[PDB]
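Lab note: Ephrin type-A receptor 2, danusertib bound.
Residue numbering for chain A follows the PDB entry, covering 604-622, 625-634, 639-764, 779-896 in order. Indexing begins at 1, ligand by ligand and atom by atom, following the structure's order. We use all heavy atoms of the structure for the numbers below, so side chains are in, but hydrogens, waters and symmetry mates are not.
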Amino acid sequence: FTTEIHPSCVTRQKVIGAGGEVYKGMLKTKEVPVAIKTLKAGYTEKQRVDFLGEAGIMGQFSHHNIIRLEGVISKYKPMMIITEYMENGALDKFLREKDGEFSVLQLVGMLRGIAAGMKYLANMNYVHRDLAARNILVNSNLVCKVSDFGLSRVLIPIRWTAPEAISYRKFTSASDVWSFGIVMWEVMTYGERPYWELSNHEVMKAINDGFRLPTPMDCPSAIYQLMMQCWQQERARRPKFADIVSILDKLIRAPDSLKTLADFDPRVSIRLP
Ligand SMILES: CO[C@@H](C(=O)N1Cc2[nH]nc(NC(=O)c3ccc(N4CCN(C)CC4)cc3)c2C1)c1ccccc1
């Protein structure tokens, strides 16, 4: 049972997104900021199962890097899912708005947090299917938390998705590891679009041909090596999230290890005599 919140305790203050709206608001239980997702009159049976299913999933979880469920409004209409407020919004937009503003150690710490959340989910037998920086939220302590929970409602996003999931719909924690590799590239590039302007068909062709994303600028060699191992075609060869967490924790605890950078391939020549 999730916590049932009375609507008098919830003050919607401003629209912060869509998913039928997501609000920033306050929750009285002194008041605390929350995110508030609503479900309007006329919702179908499937919408209700998906909506409360998302809450039911999140209520089973208790981890630092997983968005916390404060409670639900289900006895009154419109129904609401109330979650912890993440002041800095989605990670992809956050990185793009803060280009170059963080240390390599901060960026890798963000990835460690995401990986710890994903290790928790996988161990809990939850396959995310839509892991991407756009679905990771950032708070005012720079902590990154996996969000976007549900079933059929979360989705395919081709350039984040593992080949076996594209080709025959096999979604597992190992296809989430592939996605996590893409998220590593997103973070280290401050939110560049994976595969830039290649079309979805061109991306799948490139992957099948063996091509992989090139090294980000200023990227520790150990970090590029780890994301490349996330992108092994053979599922069984990919690291598990336990391995990823272990490696990232060891790199962070010996931070001089991150000063060794992978070579960056320039896509431009500048010659000055
Ligand atoms: C659709 O569900 C929401 C959801 O569940 N959630 C739960 C939850 N908690 N906290 C949230 N914060 C924000 O959505 C948010 C958005 C923009 C924001 N500002 C925008 C302008 N920027 C310049 C500064 C930052 C600041 C905070 C959300 C959303 C969701 C949204 C995005 C990714 C994952 C989930």
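Looking at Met695, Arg677, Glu706, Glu696 and measuring to atom 23 (C) of danusertib (ligand 1), the nearest heavy atom belongs to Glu706. For danusertib (ligand 1), the atoms closer than 4.0 angstrom to any heavy atom of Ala644 are 7 (C), 8 (C), 9 (N), 10 (N), 28 (C). Here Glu693 has backbone heavy atoms under 4.0 Å from danusertib (ligand 1), and that is the only part of it that gets that close. Most of what chain A uses to contact danusertib (ligand 1) comes from UniProt domain Protein kinase. For atom 12 (N) of danusertib (ligand 1), a protein heavy-atom neighbour is present inside the 4.0 Å cut-off.
By the criterion of a heavy-atom distance under 4.0 Å, the side chain of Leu746, and not its backbone, is placed next to danusertib (ligand 1). Among all protein heavy atoms, the one lying closest to atom 33 (C) of danusertib (ligand 1) is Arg743 O, 3.2 Å. The closest protein non-hydrogen atom to atom 35 (C) of danusertib (ligand 1) is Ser756 OG, 3.3 Å. In terms of protein heavy atoms, atom 14 (O) of danusertib (ligand 1) is closest to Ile619 CD1, 3.5 Å. According to the entry, no covalent attachment of danusertib (ligand 1) to a chain is modeled. Using UniProt's active-site annotation for chain A, the residue nearest to danusertib (ligand 1) and its heavy-atom distance to 1 Å are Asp739, 9 Å. Counting protein heavy atoms only, atom 5 (O) of danusertib (ligand 1) is closest to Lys646 CE, 3.4 Å. Scanning all protein heavy atoms for the shortest distance to atom 17 (C) of danusertib (ligand 1) gives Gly698 CA, 4.1 Å. For atom 8 (C) of danusertib (ligand 1), the nearest protein heavy atom lies closer than 4.0 Å. Within 4.0 Å of danusertib (ligand 1), judged by non-hydrogen atoms, the site holds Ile619, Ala644, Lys646, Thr692, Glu693, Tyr694, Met695, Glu696, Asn697, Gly698, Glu706, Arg743, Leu746, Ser756.
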